[PDB]
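The next PDB entry has deoxycorticosterone among its components.
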Amino acid sequence: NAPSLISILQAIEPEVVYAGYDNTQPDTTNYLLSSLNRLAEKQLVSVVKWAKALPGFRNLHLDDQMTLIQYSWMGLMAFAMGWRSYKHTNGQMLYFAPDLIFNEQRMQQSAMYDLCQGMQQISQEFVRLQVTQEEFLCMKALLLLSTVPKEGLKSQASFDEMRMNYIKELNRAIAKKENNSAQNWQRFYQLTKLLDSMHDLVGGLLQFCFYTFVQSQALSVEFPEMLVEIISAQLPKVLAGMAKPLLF
Ligand SMILES: C[C@]12CC[C@H]3[C@@H](CCC4=CC(=O)CC[C@@]43C)[C@@H]1CC[C@@H]2C(=O)CO
């Protein structure tokens with residue numbers, strides 16, 4: 001038989017981005033958030049590259065490709081970050097990158113404190129659930145495929161199939177470990193529930209994101225160029241209520 005989606009997914013998994021951050025410079029809500037954004041630009045590149053590698057994704061109309069990316073990019077980055085914070089700090093600290101890890105001081109200095117907390121609860125779940133790589137890779141894959149424009153998609157049928165497949169491979173991945181039916185079931189539930197709770201958080205995140213974006217010169221937070229492009233193109237569709245979370 002052919003190499004599984006997970007085999008491919010483990011292969012196309014992006015390397016960890018460094019922020020470029022200076023940790024000697026003091027913790028100032030403007031410096032922090034500017035720095036975060038630089039990173040989001042660094043990640044956005046790795047994410048899109050990632051999505052192009054992602055089996056079936058190239059087979060969607062370019063309209064859909066860019067839209068999905070436009071909607072899911074925030075959740076993708078927050079989730080991967082939930083994952084990293086789990087592996088590297090076991091949920092205690094927010095591990096944006098090896099050179100830019102938030103602790104308590106910096107979550108406070110962030111002026112997003114309640115959102116940090118939320119992202120943390122996400123990593124803490126990763127921890128509670130002892131999520132595995134393979135569950136993670138498939139979850140993240142589904143996370144992309146979990147916020148679609150309400151007016152439908154060019155490639156609709158092909159997408160629904162992809163979604164199907166990534167649920168199927170999330171199933172292959174929970175099934176490893178044995179347990180049989182019932183345990184599996186609760187698992188599937190918990191994971192997908194974790195996925196579904198993602199939208200919630202992304203909500204607050206986009207919200208504060210836009211907020212910070214509009215008021216950028218007001219707040220002295222430096223959004224880089226690719227970041228300008230993407231947030232901008234996302235913003236009006238999002239407000240319009242074009243984007244609709246797919247749930248379980
Ligand atoms: C976009 C954002 C800065 C960048 C991060 C995001 C939260 C999660 C996140 C994960 C990453 O590992 C990279 C950057 C990023 C996407 C923040 C949510 C609010 C904050 C701002 O709105 C300030 O720009």
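Residue numbers count from 1 along this sequence. Whatever order the structure lists them in is the order used to number ligands and atoms, beginning at 1. Method reported for this entry: X-ray crystallography, 2.8 Å.
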Partner of deoxycorticosterone with greatest heavy-atom contacts, name from the PDB entry:
Steroid receptor 2
I'd love to know the binding site of deoxycorticosterone - heavy atoms within 4.0 Å, chain and number please.
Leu36, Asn37, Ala40, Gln43, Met74, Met77, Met81, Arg84, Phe96, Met112, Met119, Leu205, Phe208, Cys209, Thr212, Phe223
